[PDB]
**Q** 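Notes on a complex, salicylic acid with 4-substituted benzoates-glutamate ligase GH3.12.
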Amino acid sequence: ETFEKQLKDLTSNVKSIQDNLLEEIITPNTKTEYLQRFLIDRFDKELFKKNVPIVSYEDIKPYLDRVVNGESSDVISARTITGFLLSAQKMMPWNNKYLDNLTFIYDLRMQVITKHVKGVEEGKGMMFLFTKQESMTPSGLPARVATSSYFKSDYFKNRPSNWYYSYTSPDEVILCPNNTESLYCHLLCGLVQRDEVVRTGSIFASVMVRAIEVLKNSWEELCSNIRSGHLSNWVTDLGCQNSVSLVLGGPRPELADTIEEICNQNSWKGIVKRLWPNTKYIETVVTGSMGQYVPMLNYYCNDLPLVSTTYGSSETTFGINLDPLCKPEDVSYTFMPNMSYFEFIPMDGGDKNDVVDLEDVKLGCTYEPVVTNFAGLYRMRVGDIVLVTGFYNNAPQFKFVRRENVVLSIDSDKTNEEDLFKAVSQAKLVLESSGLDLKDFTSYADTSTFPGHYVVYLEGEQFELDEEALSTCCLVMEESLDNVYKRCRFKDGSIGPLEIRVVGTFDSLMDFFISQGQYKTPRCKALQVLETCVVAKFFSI
Ligand SMILES: Nc1ncnc2c1ncn2[C@@H]1O[C@H](COP(=O)(O)CP(=O)(O)OP(=O)(O)O)[C@@H](O)[C@H]1O
Ligand SMILES: O=C(O)c1ccccc1O
Ligand SMILES: [Mg+2]
């Protein structure tokens, strides 16, 4: 009752609260070096739109680094920057207004969920929530990933006491920095209290999959812990030791025999549903690139709804999905006007404007969002493309389409098409030194097996094919990847060895581009013919 009303109020005078919100942001911030440079000496919208440039991270990074290294927040924000968010790797400024906003959305999405999902209030979530450790900055302020700034905060520790915030995992397991340990412990605790599990998931679908893969590879050992009442010794985190011990409590040979039997069936089909029969849905994002995990999650889960709830970034949370048990391709996020002041740059002829406000976007037009927040970012380009699909009252509904500049992404890692071409060029110089000359390049992401990875097709005085000289390539291609990438390749254990598949098959593919539609090389049916044109495969290590 209150819900329908709250959401009605919130989607209705959108123009208003967005101006009021702009007002709240700018006014204190006439005090900042950054706004003083653009002559913003009072609150004025048009003046703001006139003088404040629309920027990218590179443009403002010189400001953000000064705060990173210890200058006053006031260079960019009059609200103290109390920390940073990690996406080299980039650092967005951050304060508790992010957590105010995040928890507002958590509360809003829980209301949406129970409104659509029968019987969720009568159990616990097995959530694979992970705390990653903070880098420190010279200013002395921590840098954390988005969810981690939430966990290492009282917004989590003192979170509401009710179904949506009740997990089968003690908080020590969620807050453990070693995710190898804590993923195991998630699975152990979830198994021990398996009847109470009415939902499961993670922030993104790749973690759901990795969790099911760890389960497949660790179930024997999980049951031995359940049999003995003892956690496996290798888990060192003291918090996991004590807390997951109280959960085990004692020997459970009976419950171990029970789960051993479910796992031992021929097929892993619907294994999730068989170990956790009261599960009603999987709460994990499967929009954007994450949609490629849908077939394999539907395999393991027996076509349980995959609910994608939220759209968000380090700049801001944008909004939520108000039709949660719809299909991934049909998902739209209804931006929430109390988060940040949103603007939008048209990306098709549908909107011939230079830039437009939230309440001004046109139906069926595509746009790159533009964020102004409560932590020092002003008119910052987000680098997503969204499509306007509809309107809840006066609040628009967006399809997430694409990330403006990417080639491949198999997890947390974002490998821009520039950091991708940092390999087509990079390792080539050493093919050059031995009697080889590169021909072409193009990348794909494989989800044939877990862990997926990056697919890459490359092109007298002998007989077989050279290995020593060209297996180095793949291993020095990787060295060109980002930090967020490598982390997942090894420590998250979410990606395998990178690889190349040797295939004049790109003067041939060039005709496979006029065949369906001046033409320059691409960043990411097509494959059946390209798949064929290969003679060998190699690994890096
Ligand atoms: N529900 C969702 N659906 C589809 N994409 C989502 C999403 N939630 C987040 N994302 C994607 O993840 C991005 C925000 O993540 P961040 O926390 O900023 C790490 P990043 O993507 O590496 O940032 P960067 O590419 O700007 O450096 C969004 O731009 C969006 O592209
Ligand atoms: O669940 C979250 O906290 C979240 C945060 C950022 C982006 C998407 C999300 O679901
Ligand atoms: Mg960005």
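The residue numbers of chain A are those assigned by the PDB entry, with the residues present covering 9-95, 102-473, 479-480, 486-527, 530-543, 548-554, 559-575 sequentially. Only heavy atoms go into these numbers, but all of them, side chains included; no hydrogens, no water, no symmetry mates. In listed order, ligands and their atoms are each counted from 1.
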**Q** Hey, where's salicylic acid in this structure? All the copies, please.
**A**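 That would be ligand 2.
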**Q** Looking at this entry, which organism is chain A from?
**A**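 Per the PDB, it's Arabidopsis thaliana.
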**Q** Checking heavy atoms only, which UniProt-annotated salicylate-binding residues of chain A fall inside 4.0 Å of salicylic acid (ligand 2)?
**A**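 The overlap, by heavy atom and UniProt annotation, is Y120, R123.
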**Q** How is the binding site of salicylic acid (ligand 2) composed, by chain and residue number, at heavy atoms under 4.0 Å?
**A**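 Counting heavy atoms, it is made of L116, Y120, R123, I217, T324, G326.
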